[PDB]
Amino acid sequence: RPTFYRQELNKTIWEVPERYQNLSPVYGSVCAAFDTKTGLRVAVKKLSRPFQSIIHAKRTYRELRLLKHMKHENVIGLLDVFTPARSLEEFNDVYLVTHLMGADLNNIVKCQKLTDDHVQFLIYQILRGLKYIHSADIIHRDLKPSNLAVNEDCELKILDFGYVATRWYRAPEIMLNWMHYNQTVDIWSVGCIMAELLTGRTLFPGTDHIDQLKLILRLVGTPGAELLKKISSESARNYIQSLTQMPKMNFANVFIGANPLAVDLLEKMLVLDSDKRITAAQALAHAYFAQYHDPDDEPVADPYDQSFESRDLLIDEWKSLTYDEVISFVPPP
Ligand SMILES: CNC(=O)c1cc(Oc2ccc(NC(=O)Nc3ccc(Cl)c(C(F)(F)F)c3)cc2)ccn1
């Protein structure tokens, strides 16, 4: 067992192993830190009140379970997970050790203008990380530029914190009510991000969920009868058919002189019918990614157990299960 040191950072008390040094404030309580074991700079996240309720406790276990499973170059990873607690009995705090994100995707644009090669590389990497995530039966559901970390080498990872409104990137099926989300809600978001990288502008800068859906309809059209077949709710249907028919615009016209192959892929991503949306594994083999695509270096995830999601449990049970997950952590190479 490591040896800890306490400090006030700030009005919060931080208890971390000596391995982590020079903590400075940077989610909900993150310090940048020097990881003296690897020589690297890390994000250390201290969770506030992880076990305060059943919902908080489930949330905490869910995040720990997910971070521990994520083992991909284009996806956030868990460098370490620690508690000062010695026993289940004194177990109250959970700290997450992640690589430090400097700039997100927006910070990267609001620095410099992007080549078509940059869009290719950036969107390649989002899709390759998403391929991995989707294959674990996980759906991100909040993909947007603030959830994507990009280094000085323009290398990218997917994360989720919890600009930059989530709605601008939301699939239309989410802003009505579903549920019965499929994975390609995440492809819509990617579509929305990719257009914005090309255009330098928010594709659907809705003022709210209504104005949002108005903007979406202009570009892609109002649904046709084959999509209207699949809509269950009575209205639901008395909004879409109660709104004047719109033609599906010509993407080539809307997307300027962007690369015509980026215009093709966009078309295939921003389909109003979630069933006809290109998947991540399909998007990787698109001609826009010819310079980056390698069928043999686009890995999938190990099987991922999320049966816990159907369980309603007590705070102490969620908390014990988180404690196990903390104890069974195997630090990566
Ligand atoms: C400017 N510096 C910082 O503020 C800072 C804070 C950091 O802390 C973080 C610590 C943990 C997480 N947890 C996730 O990301 N959770 C996640 C949930 C669902 C899903 Cl689906 C995924 C996914 F997609 F990856 F798989 C990831 C996010 C950020 C890291 C780096 N930098």
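The numbering of chain A matches the PDB entry: 5-30, 35-170, 182-352, in order. Just so you know, these numbers use all the heavy atoms, side chains as well, and skip hydrogens, waters and symmetry mates. Whatever order the structure lists ligands and atoms in, that order sets their numbers, starting from 1.
- At ligand 1 one finds the drug sorafenib.
- For sorafenib (ligand 1), the chief contact partner in this model is given in the PDB entry as Mitogen-activated protein kinase 14.
- With a non-hydrogen cut-off of 4.0 Å, the residues around sorafenib (ligand 1) amount to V30, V38, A51, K53, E71, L74, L75, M78, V83, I84, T106, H107, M109, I141, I146, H148, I166, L167, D168, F169.
- The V30 neighbourhood of sorafenib (ligand 1) comprises atoms 2 (N), 3 (C), 4 (O), with distances under 4.0 Å to a heavy atom of that residue.
- Interface of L167 with sorafenib (ligand 1), defined as ligand atoms under 4.0 Å from a residue heavy atom, comprises 15 (O), 25 (F).
- Shortest heavy-atom distance from sorafenib (ligand 1) to a UniProt active-site residue of chain A, with the residue named, rounded to 1 Å: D168, 3 Å.
- Remark: sorafenib (ligand 1) atoms within the under-4.0 Å shell around heavy atoms of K53 are 10 (C).
- Distances below 4.0 Å separate heavy atoms of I141 from the following atoms of sorafenib (ligand 1): 24 (F), 26 (F).
- Chain A: most residues in contact with sorafenib (ligand 1) are in UniProt domain Protein kinase.
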